[PDB]
Chemist: 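First the structure, then my questions, so here it is.
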Amino acid sequence: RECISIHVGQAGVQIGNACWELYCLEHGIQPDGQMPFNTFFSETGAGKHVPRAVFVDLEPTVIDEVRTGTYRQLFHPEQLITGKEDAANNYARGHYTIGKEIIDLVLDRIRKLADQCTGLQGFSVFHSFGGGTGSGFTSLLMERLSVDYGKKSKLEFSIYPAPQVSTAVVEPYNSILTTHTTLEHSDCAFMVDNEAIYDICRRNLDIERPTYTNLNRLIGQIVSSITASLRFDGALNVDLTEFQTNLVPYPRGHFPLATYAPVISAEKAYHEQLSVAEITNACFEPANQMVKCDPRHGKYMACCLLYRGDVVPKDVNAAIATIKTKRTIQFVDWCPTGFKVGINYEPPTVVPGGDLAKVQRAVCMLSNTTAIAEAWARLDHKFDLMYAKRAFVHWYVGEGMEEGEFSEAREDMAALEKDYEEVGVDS
Amino acid sequence: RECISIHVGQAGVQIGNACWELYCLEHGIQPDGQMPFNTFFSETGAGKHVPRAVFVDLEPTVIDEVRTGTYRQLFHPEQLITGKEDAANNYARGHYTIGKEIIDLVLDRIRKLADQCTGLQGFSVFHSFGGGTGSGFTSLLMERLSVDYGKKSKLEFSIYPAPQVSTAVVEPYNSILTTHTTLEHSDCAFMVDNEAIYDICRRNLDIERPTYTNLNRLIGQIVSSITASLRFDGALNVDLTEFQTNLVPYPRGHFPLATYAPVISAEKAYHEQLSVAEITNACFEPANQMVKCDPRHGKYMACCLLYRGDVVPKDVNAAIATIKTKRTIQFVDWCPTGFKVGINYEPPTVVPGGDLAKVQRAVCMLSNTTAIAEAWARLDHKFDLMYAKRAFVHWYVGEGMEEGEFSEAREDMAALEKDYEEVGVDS
Amino acid sequence: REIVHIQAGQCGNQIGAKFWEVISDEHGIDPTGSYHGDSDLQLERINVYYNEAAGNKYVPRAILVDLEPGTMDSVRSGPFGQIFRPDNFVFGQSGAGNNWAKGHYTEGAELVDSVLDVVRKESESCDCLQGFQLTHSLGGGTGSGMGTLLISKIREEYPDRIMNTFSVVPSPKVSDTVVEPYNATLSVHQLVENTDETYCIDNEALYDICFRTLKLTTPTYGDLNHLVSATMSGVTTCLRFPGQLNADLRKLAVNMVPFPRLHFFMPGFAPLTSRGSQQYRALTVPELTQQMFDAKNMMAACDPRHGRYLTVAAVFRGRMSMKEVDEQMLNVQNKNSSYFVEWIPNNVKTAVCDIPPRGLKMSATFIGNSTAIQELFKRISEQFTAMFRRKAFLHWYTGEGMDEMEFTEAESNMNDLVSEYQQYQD
Amino acid sequence: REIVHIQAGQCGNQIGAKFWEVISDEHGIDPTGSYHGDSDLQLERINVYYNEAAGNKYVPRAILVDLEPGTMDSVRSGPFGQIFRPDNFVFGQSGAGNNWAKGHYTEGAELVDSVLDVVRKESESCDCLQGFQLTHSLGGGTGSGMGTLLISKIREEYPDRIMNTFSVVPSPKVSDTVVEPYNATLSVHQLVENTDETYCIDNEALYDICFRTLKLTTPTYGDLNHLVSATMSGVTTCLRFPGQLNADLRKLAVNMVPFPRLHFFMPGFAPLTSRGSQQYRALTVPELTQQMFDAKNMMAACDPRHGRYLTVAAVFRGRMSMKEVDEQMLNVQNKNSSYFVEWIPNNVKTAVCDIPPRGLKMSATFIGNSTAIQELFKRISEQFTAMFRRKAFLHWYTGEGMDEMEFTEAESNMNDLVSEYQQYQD
Ligand SMILES: CC(=O)O[C@H]1C(=O)[C@@]2(C)[C@H]([C@H](OC(=O)c3ccccc3)[C@]3(O)C[C@H](OC(=O)[C@H](O)[C@@H](NC(=O)c4ccccc4)c4ccccc4)C(C)=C1C3(C)C)[C@]1(OC(C)=O)CO[C@@H]1C[C@@H]2O
Ligand SMILES: CC(=O)O[C@H]1C(=O)[C@@]2(C)[C@H]([C@H](OC(=O)c3ccccc3)[C@]3(O)C[C@H](OC(=O)[C@H](O)[C@@H](NC(=O)c4ccccc4)c4ccccc4)C(C)=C1C3(C)C)[C@]1(OC(C)=O)CO[C@@H]1C[C@@H]2O
Ligand SMILES: Nc1nc2c(ncn2[C@@H]2O[C@H](COP(=O)(O)OP(=O)(O)OP(=O)(O)O)[C@@H](O)[C@H]2O)c(=O)[nH]1
Ligand SMILES: Nc1nc2c(ncn2[C@@H]2O[C@H](COP(=O)(O)OP(=O)(O)OP(=O)(O)O)[C@@H](O)[C@H]2O)c(=O)[nH]1
Ligand SMILES: Nc1nc2c(ncn2[C@@H]2O[C@H](COP(=O)(O)OP(=O)(O)O)[C@@H](O)[C@H]2O)c(=O)[nH]1
Ligand SMILES: Nc1nc2c(ncn2[C@@H]2O[C@H](COP(=O)(O)OP(=O)(O)O)[C@@H](O)[C@H]2O)c(=O)[nH]1
Ligand SMILES: [Mg+2]
Ligand SMILES: [Mg+2]
């Protein structure tokens, strides 16, 4: 029942920081690993349990922050893999010249972890699409990892190149090149828009000035509910492969949206009275989508609802019945139902120094929909435009990345878009 | 069950220093020999037990360091044999003009030790291939010793002329001349590459600046596990001749690689959680080979695994089964098995002022393989090249070393290489 | 005689755990396995469900099967970790994850022998094996996969013994998986062919009962399983003590299956009333039959009054007049002659045991062979069809080596079942 | 009567040390050699294994043979250094080092007389010598070398007495030497010809048993030897006190060897259960036979069900019904008529002793003459062949004066053994 986490570039690492902070909070584990859970922490005889994680950055910077900051004592030094020269927002360099120089070490460290791990369920990769050290390197690693562990589940939690705003101008390229690897090798991928989150921080948490710290904490909190939640023994312990059983209808379509519906400020925690139906209803409102997408313009393929803390199955069922009664949101016509429920007994995790106020229960939604496919069209336009001018193409050609690879990457993305169109239309 | 140690040139002595430091630490023996084991220390009625060792250096320098430094009170003055003029990196001078002037004394001192020793098992020689006082003198001594004690086991722990880097330019010559003596007279030889060790210090001990002090300590630690370990009474007390029984299949092939798989830094000692399988697995990774050789390009002829401290036979067997299951490393097709196990009850030895952090258990591997044979080809090229130009030949001719002896030495080395080729191929 | 109780999957295990609570209490057995009951009849047939180990430790004649370690752990950590025998805890590799093929065809298949060995060990400790009882879900994956897997295997060993199962049926409005039709269809395909009697219980129906009659604010699974366990006991309670009319799994089958294949039953339980309403109860045989023949008290979701009764078993508990019972049976068949199948003269089989459930003055349990149940099969078949037409989720079973032919064959054979029930309904 | 127990090699010595612990405890003997038991029957046949020295000090009728001083030291330093007689500690020059020729042919041969003198001294202290028991490994070198060496010598002295040995057999997956086939092959070559009965025990099989049934987290050699010692006692326990049916080494041989040469036996032991599972035990004769005829509880690695039973001995311990036992024997042979060799009418020889192992209410031990054991010989022979084809390690024996002819002759003769077992299997 154990798993391995992987972190790349800067984003994957920073997100990881939030995740492993949460896990420590959940299990009472100290910054030096001391406990005063074995699926995240390798058992240590001294009590200093150590994270099952691989950290990669071709420019140690963010890892040095970890090495010098808190939880440098938590993580094992062998896990903190760094390079010398960064990929620098170039998928091709991360994929090849630079990334390939450490990929051997990376795989060796993974192997050690996998040899230590008895009941390995799968992996959880944290990456972006912007940087090459995230995008390109992940592409390399996932291919290699897929070969070694064809029977293990590969989760990818990605930071989706936001449609409204971004920070690098060559993102479209790195994003589209990643797509044909993730779609090929991953078992389940998640796409998260920073801008959608910032918007959530503004509206729900009432934050005028939001940053990566709080943004990441929300993302990590979702992952806790997806994974760690199961490992606390609830009423309905839905397996990670059980998620796939019910969420995924085809060989493809590995793109669920992960939302969190108890997002709430400390002030609201006093006035607001939440419950099962209230929170469940909130997660189907085109506001907490965690991505620039409006479900109301597509259909629901599948929807897993994960509950934590003080919930009962009766109310959950009733809320779902109400949703199906509402009939505002559309479901795939050839999918009789699409609702699956996971239930914990353990409460929601609270971050000291956070904002997300303490609640008695929580809901996460993992939903497959045809609406999300529209987001790729926006990326297609961005790509097509820059591609038409071959802008920045020489940075990938300088690596040796075949021009035709870009056209192939697009076609694979377009295929994916087409599949979702067929799902919604056909009956 | 007793043995005699022999040290030549500077290297043999410096390595010896580490060895006898370890033995003192193990038995609680003080620098003046006082105990507050009889197989290494001759019993003294005053309690001042004295090392069964012969030290030889044709230029007293390193011995003077011993004579004036710590453990000058430990060793007997009769054992500290020195010359006046050094061999100076000339096998022929160490073999003849210079070495022969003290060899009589050396043999006489050995005889005294052997007359004192009841159940003599054999000898343990520490030498190099670089210097003539090590290489040439050892050749002389081993021949003489072989004559006197044809029934006693002769171990040779040699410092292998490293393929990447060395310190003398006439090493190839001294090395190739040694080969036909060691292969002839030795019962079991070990070859160690300083550069492979320095690499191990960098990777495992995390040392950016490694030197002979720490390097030697690692080598000595291995020897302790090979020999002294047996003399502490474990679960499986594999005899020195029992090693030979199982490790050696032919009249030749006396070249096992000796690795140590608990190499670990003080920091790692806290985060790392080791056990039988973990450590055992590490010893089959082409990284802790202690020699510039990659096992994955040859076959395993035989492999003795020596365990110390907190181990059990069940886990050892399981680890081996896992290795045979792995099937990545290849074994000789006509060798049904190749695994033998020795087990101690006494923990690993800790060096105050060392680096190798204290662990609860340890593993040494003594492995015969066809991969190591490739290392001699590298030496052959170095020899052939210098030989072709007869570079430095006049230093050996000046002694009187027959030119044809060099050609003969090569042919004997080449024969050895050929034998290993046949072992791997035939079935 | 002795009966083997096998539990398969979390659902089945949770139900069984409650079941063994109930009957251990019934037979005066504490959480050590020691007997401290007040009657002698509690030991008269204790052998049916318990081995008598040295020291008079009574050990559930039961096998605990699961593929998800953790659920099995919760069993060991529960009050009956001191009751169940450790070598009856069979589990290994992680669970199917709602993948019937993993449960039956592949991963679960690998561990069959580890169950069957225990089956044999149990069999050879018996003086006379009567049959097997399987408790599981019909859609879970492991419970439904290992369920029919083991049923086939067990019948091959004991073709002449009684195969009984209590199966939790996919409920219209109570879900937790989108392949519930795939798993159910693949399961029932093998269930029918290898089963002598099966009970169909809907969580939705229980959710209704546990509020409509018991007025529970927070009906939990432990309460729904409790309802199930009550009926499970009733089915075999006649075998464990004296009564005016005896009954048996065989006896029931003989009087409950008129047509080999139609052995699907709806279960019910008498006095269903809230703790504030119990004071208004008459506790008469009339009252009990009003509840027993109340469609709303049926633990299958399908409402019997849309079909007809091929045959009914009414098993009563406690001291009562035999005439009184017979009168009520007559009144019922006279009342709803349109509901009962006219091809049968006496549509109701009765039995009366001398001992009510501890704490009740008089009780009963209801087993109905109605034609209405066909509608549950239809509903599931339709859901299956809708998905199957798009080969939805098919790759999860394709990857296990399952072809399309099995799925089409199963559905075809499911249609036959419904058709047969319709054949025998007007 | 009296029986001589000789231990050879570290393996044999460690097993024997545990053995003498067990039977000394059985007969109420403390670590001084003084008797403080509660029964009188403990002294009824104490002479079998103990000399009665002045002061009532009971001294193991045993000879301790080794070529590696240090192991012998650990024996003297152990709890039975006050038990064993000092002149029975025979050792000298260092051990063979897994060199059979050193153990048998040369170095060990030099010290034979130092053993045989003790043998004679032991013999002349006896009132009636029945036979010898040798405890050793079959691959160790010294234990296997000195083993067959002494066996030959002893039979020359006592050709009409019983030669029994307990031999630890080279296990497929549990090693510690690469010449295990050489030593085993050279050993068995002389073993067969000079032995009346031999028991084959695999460390691998014990490793499985000690976890599968005893659930030991850290099975050590002291635990594996403990399992062995239990069966060693059972073999001769019938000679040391009263019983409904007596038994003997001779009696067993008469009923266990149908064909002179086929005297290799698999050993087993009844109640095998973990300390947390013992509370679920029935402790009945049925239960015991379920375990005794369970392939998984056999201490030889080869699984009996791949062969047939030429003959079986079932020796039971403690008060029990003779009919009950007979019934179970019948049930077993009826159950697996395909496993038992039809050429024998009653395939099972039984015996029942009145005294269970102290602390057990009822026990038993199992000795099987199966044809399946041939497969262990095959496996070893194949390993031997593969090496021998390259004359691998041959120089270690060549240097001792051993030629190739011995090795080819031994293997040829090993093939005959297997062939004979196959001759008598369908
Ligand atoms: C003071 C008093 O008389 O209390 C009653 C009671 O109030 C009522 C409401 C009981 C009560 O049952 C429930 O509330 C209930 C809870 C969950 C699921 C189902 C039912 C009772 O809990 C249940 C309990 O039942 C028994 O004792 C039977 O022997 C029953 N036992 C169990 O189910 C059981 C419960 C816990 C632990 C072990 C066993 C049984 C029935 C059939 C076959 C075997 C055993 C009874 C009469 C009562 C209480 C205690 C309040 C009723 O149920 C039963 C099964 O008898 C509910 O409607 C009936 C009418 C009873 O009068
Ligand atoms: C409280 C109680 O009843 O404890 C039992 C016990 O728990 C169990 C588990 C015992 C226990 O045996 C083991 O755990 C065991 C350990 C290593 C190797 C083999 C077995 C027991 O240790 C072993 C011990 O056996 C004896 O006393 C016999 O006389 C036995 N004696 C020895 O093996 C022995 C051990 C230590 C020192 C001296 C002798 C014997 C068997 C055959 C022939 C002669 C003697 C018994 C009944 C028990 C304990 C004490 C827990 C069992 O074994 C035996 C041989 O009886 C293991 O399965 C059986 C079932 C028993 O019920
Ligand atoms: N959600 C989230 N996104 C981040 C965070 N940090 C960076 N990003 C996004 O990730 C993009 C770049 O991803 P990375 O792979 O981490 O960039 P990098 O680590 O510098 O790697 P290179 O750019 O290739 O050198 C940025 O444009 C941001 O939009 C973070 O902490 N949280
Ligand atoms: N491993 C190890 N190698 C050493 C050490 N000291 C010297 N060497 C190696 O040994 C080689 C020379 O061996 P020696 O025989 O000791 O040289 P020497 O003692 O001066 O003898 P001559 O050179 O003949 O005078 C050097 O080139 C080194 O590579 C040491 O302390 N440890
Ligand atoms: N009656 C009842 N049904 C349950 C319970 N828990 C789960 N279920 C049903 O059983 C199904 C899951 O079966 P499960 O035992 O988990 O199978 P598995 O997941 O393959 O091990 C769910 O769809 C539920 O409808 C319970 O406590 N009682
Ligand atoms: N059953 C058992 N076998 C052992 C034990 N120790 C060693 N062995 C086996 O015996 C062999 C070694 O025999 P040994 O007594 O050492 O012979 P020697 O080395 O010639 O003295 C090994 O290969 C082991 O398989 C033990 O404690 N119990
Ligand atoms: Mg970067
Ligand atoms: Mg020098």
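Letters A, B, ... label the chains, following the sequence lines from first to last. Since chain A takes its numbers from the PDB entry, the residues it shows come out as 2-37, 49-439. In order, the residues displayed for chain B correspond to 2-37, 49-439 in the PDB entry numbering, which applies throughout. In chain C, numbers come from the PDB entry; the residues present are 2-44, 47-360, 369-437, in order. All residue numbers given for chain D refer to the PDB entry; the residues shown span 2-44, 47-360, 369-437 in order. Heads up: this isn't the whole entry, just a piece of it, and contacts are only counted within that piece. Each ligand, and each atom within it, is numbered from 1 in the order the structure gives. Values reported hereafter were calculated over all heavy atoms of this structure, with side chains retained and with hydrogens, waters and symmetry mates removed.
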Chemist: Okay, my shortlist is amphotericin B, rifaximin, Taxol, rapamycin. Which one is at ligand 1?
Modeler: Taxol
Chemist: Mind checking something for me? Which chain has more close contacts with Taxol (ligand 1) than the rest, going by UniProt?
Modeler: Tubulin beta chain
Chemist: Okay, with a cut-off of 4.0 Å on heavy atoms, which other chains neighbour Taxol (ligand 1)?
Modeler: C
